[PDB]
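Structure with nemonapride present.
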Amino acid sequence: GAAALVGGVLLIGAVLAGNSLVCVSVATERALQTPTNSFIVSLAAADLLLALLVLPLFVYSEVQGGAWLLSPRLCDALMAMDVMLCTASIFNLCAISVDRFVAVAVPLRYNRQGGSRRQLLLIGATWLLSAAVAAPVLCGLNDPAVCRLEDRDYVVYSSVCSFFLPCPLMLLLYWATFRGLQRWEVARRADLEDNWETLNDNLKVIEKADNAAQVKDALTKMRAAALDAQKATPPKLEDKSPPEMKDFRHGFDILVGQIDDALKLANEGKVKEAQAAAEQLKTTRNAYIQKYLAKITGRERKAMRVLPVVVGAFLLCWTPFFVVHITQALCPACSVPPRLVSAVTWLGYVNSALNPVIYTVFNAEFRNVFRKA
Ligand SMILES: CNc1cc(OC)c(C(=O)N[C@@H]2CCN(Cc3ccccc3)[C@@H]2C)cc1Cl
Ligand SMILES: CCCCCCCC/C=C/CCCCCCCC(=O)O
Ligand SMILES: CCCCCCCC/C=C/CCCCCCCC(=O)O
Ligand SMILES: CCCCCCCC/C=C/CCCCCCCC(=O)O
Ligand SMILES: CCCCCCCC/C=C\CCCCCCCC(=O)O
């Protein structure tokens, strides 16, 4: 009993603190405001809701040796929430894989600034779907001194719908996505990184230049780097002929054109004007260039490194739970030691504390936002 209490309090504390720190960090920091991180916030919410609505009465139950002394309707409420929040977590890991696959497979360019908010819409769908899976639990599925899902048909249904069916689908999509990105990565990575650096560095030289000569020299180096980068063809388009190739180079053509206009200004000694033109180059790079540079240099694939770790931890933490529960539901005679049933439940809930740690260790932006304690 004391161990359930101690472990339980620590668990609830860790989930609340870790996941709130994630939510607030995506809130405070512009560098964490990305499409992927919308889902990460959603997952954090699921874990916060778990710590607030489910874990306390779960811990209380465990201190009372598994006994349930409260009403059966409250039990039904708790179990529906339990099922929904577990399902929401999984469906959101699924949604990330669907979102990232579409981002990689379907390059889009918008006229208007900003995102489409399609991630928000997908996240909303994810939660409604999870509620749909969980909804029958609220209507009362049990035949009573314990709080368990006794309906064997329902348990098989949800085990399949919430876990054994989405997990293979999500693993296939993550795999296609990573393979998809690899195809965009140029062989001569270091050369393109050099070009990218020459661009970003000299933009900074231009901002703090003392005179027109320095601005002109920097612009000249940018021009050279832009033209070099324009020749770095990803393997995806290497088998293409001079359509697709028109899209790729066109961005660099706009950039060089703007650099040329800026050079004329710098050459005439119009430093202020040349500097303002260099700032408009920053926006062009963001529009037609920067997203594709990060893809073709291998940076976007690198930034996705944290996702397999999150998925891996989830599978590690929840696979025993679902194997135990579907086995029981399929085969009453397949007697699982109550002690093990309890163990795999704790392991499932411990996952809700792990993700903040995983981000901090395995994702650069979260890690850097952390490291400035
Ligand atoms: C997403 N699919 C499921 C999820 C479940 O729990 C997360 C369960 C489940 O059986 N949960 C039981 C029911 C109650 N829960 C522990 C608990 C929570 C709150 C108060 C007391 C006990 C247990 C882990 C079953 C399914 Cl099919
Ligand atoms: C059951 C625990 C271990 C299973 C973890 C599952 C990992 C989910 C992600 C799968 C996609 C492949 C990820 C492998 C590293 C990236 C590959 C690459 O860079 O091309
Ligand atoms: C790729 C499959 C991952 C399987 C699930 C991983 C579970 C996550 C648990 C956290 C362990 C953290 C310790 C790792 C330290 C090494 C980090 C590093 O080398 O960069
Ligand atoms: C600001 C990041 C959002 C998450 C906040 C942190 C949540 C709890 C994590 C802290 C536990 C730290 C465990 C040690 C790993 C960090 C070490 C490192 O930075 O490399
Ligand atoms: C996606 C993660 C990996 C999944 C692991 C494999 C899942 C296996 C789960 C089901 C095994 C339970 C079946 C045992 C009783 C079956 C009754 C019978 O044989 O008639």
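Position 1 is the first residue of the sequence; numbering continues from there. Technique stated in the header: X-ray crystallography, 2.0 Å. Every number for a ligand or one of its atoms is a count from 1 in the order of the listing.
In the structure shown, the parts corresponding to nemonapride are ligand 1. Looking only at contacts, the largest set of contacts to nemonapride (ligand 1) comes from what UniProt names D(4) dopamine receptor. Scanning the protein heavy atoms around atom 9 (C) of nemonapride (ligand 1), the nearest turns out to be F321 CZ, 3.7 Å. Looking from atom 25 (C) of nemonapride (ligand 1) to the surrounding protein, the closest heavy atom is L149 CD1, 3.6 Å.
Between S162 and nemonapride (ligand 1), a contact under 3.5 Å exists for no N or O pair. A heavy atom lies under 4.0 Å from nemonapride (ligand 1) in the transmembrane segments of chain A that UniProt numbers, from the N terminus, as 2, 3, 5, 6, 7.
Nearest to atom 14 (C) of nemonapride (ligand 1) among the protein's heavy atoms is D82 OD2, 3.3 Å. Ranking the protein heavy atoms by distance from atom 20 (C) of nemonapride (ligand 1) puts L78 CD1, 3.6 Å first.
Closest to atom 16 (C) of nemonapride (ligand 1), if we only count protein heavy atoms, is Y349 OH, 3.4 Å. For nemonapride (ligand 1), the polar-atom distance check against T87 finds no nitrogen or oxygen pair separated by under 3.5 Å. Applying the 4.0 Å criterion to heavy atoms of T345 picks out, from nemonapride (ligand 1), the atoms 24 (C).
For atom 17 (C) of nemonapride (ligand 1), the closest heavy atom belonging to the protein is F58 CD1, 3.8 Å.
For atom 2 (N) of nemonapride (ligand 1), the nearest protein heavy atom (residue, atom name, distance) is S158 OG, 2.9 Å.
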